[PDB]
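Below, a PDB structure including SGX-523.
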Amino acid sequence: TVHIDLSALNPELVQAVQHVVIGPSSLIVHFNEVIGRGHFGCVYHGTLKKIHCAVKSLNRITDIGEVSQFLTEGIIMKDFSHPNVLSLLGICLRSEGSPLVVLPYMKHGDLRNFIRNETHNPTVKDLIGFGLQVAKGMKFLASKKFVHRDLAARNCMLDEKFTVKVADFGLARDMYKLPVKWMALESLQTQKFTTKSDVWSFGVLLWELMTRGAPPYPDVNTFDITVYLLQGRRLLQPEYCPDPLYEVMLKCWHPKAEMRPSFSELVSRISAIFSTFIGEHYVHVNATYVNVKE
Ligand SMILES: Cn1cc(-c2ccc3nnc(Sc4ccc5ncccc5c4)n3n2)cn1
Ligand SMILES: [Cl-]
């Protein structure tokens, strides 16, 4: 019930955030049709020529300090612009501090549900291509010294050109329960995350891709994944995963974080493997993974 007067905000901060601000007449949020839902708010179809967008309605912000941090995050996120990264269209703030985050609309939704869909017919080439795109997005994000911490197929999205966008970061961060099965050994133990721990998660994402969205370690008690790994174990090679790509996954899971490939090396290696395929190998679903909850 707290009142907030927005006119109390820093003049320099309101000036610097202008290029990220969307006018009240520039945006039409269709509160009728919900397209997504997270812990921090619902996502609605929006109209921003008229372009489709995704509008996330955050919880009403009541402290002007927290408003300032929301604006600062907007400016930084705005500059995380890359073909393979979900790229912020702008931010909106209504009377009494009702924030709207405006993102490009992703026609094909999240990458995990896309690959799981039985009506889709991916080839090895298609799936490796998606993996390659994710590596390019992460290469960019690492160059901005940004550590994602929650890289997973569920957190990447696909547009109408089948361009993959690394998403779920900055103002778009949400659960749409740490993601322990995507976490590097050292992160499970020290709770610290780096670009090299993102490379571990990326290897798990490649495994998700080649299994068409199987839950990793299907029969492993989440509360014991460190013990399981320390027995001397990794995810098995998916049936339709090429040997060199499985070799890349094993590199992503190197026990020594500094020995893992950079995203730059991953883009290079995966571009080469991708180039060898012509789209003749269809990837089918493993009977033992069908209906297994994650
Ligand atoms: C299962 N699932 C995962 C997501 C998701 C993932 C990352 C992520 N990073 N930002 C957002 S919000 C968003 C962004 C674009 C959309 N485009 C179409 C439909 C829903 C959309 C939702 N997301 N949403 C939504 N459902
Ligand atoms: Cl192929």
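Numbering of chain A is taken from the PDB entry, so the residues present carry the numbers 1050-1097, 1103-1230, 1244-1361, in order. Atoms within each ligand, like the ligands themselves, are counted from 1 in listed order. For the numbers below, each heavy atom of this structure counts, side chains included, while hydrogens, waters and symmetry mates do not.
- All copies of SGX-523 taken together correspond to ligand 1.
- Counting heavy-atom pairs under 4.5 Å, the chain with the most contacts to SGX-523 (ligand 1) is listed in UniProt as Hepatocyte growth factor receptor.
- Residues in other chains coming within 4.0 Å of SGX-523 (ligand 1) by heavy atoms are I1084, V1092, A1108, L1140, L1157, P1158, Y1159, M1160, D1164, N1167, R1208, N1209, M1211, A1221, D1222, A1226, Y1230.
- Less than 4.0 Å from SGX-523 (ligand 1), one finds no other ligands or ions.
- An N or O contact shorter than 3.5 Å is missing between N1167 and SGX-523 (ligand 1) by distance.
- Relative to SGX-523 (ligand 1), the closest UniProt active-site residue in chain A and its heavy-atom distance to 1 Å are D1204, 8 Å.
- Taking a cut-off of under 4.0 Å to the non-hydrogen atoms of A1108, the atoms of SGX-523 (ligand 1) that pass are 14 (C), 15 (C), 16 (C).
- The distance from SGX-523 (ligand 1) to the heavy atoms of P1158 drops below 4.0 Å at these ligand atoms: 15 (C).
- Atoms of SGX-523 (ligand 1) found under 4.0 Å from any heavy atom of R1208 (numbered from 1 in listed order, with element): 3 (C), 6 (C).
- Across chain A, the UniProt domain dominating contacts with SGX-523 (ligand 1) is Protein kinase.
- Set against the non-hydrogen atoms of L1157, the atoms of SGX-523 (ligand 1) under 4.0 Å away are 12 (S), 14 (C).
- Taking only nitrogen or oxygen atoms, main chain and side chain alike, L1140 does not reach within less than 3.5 Å of SGX-523 (ligand 1).
- The PDB entry names the source organism for chain A as Homo sapiens.
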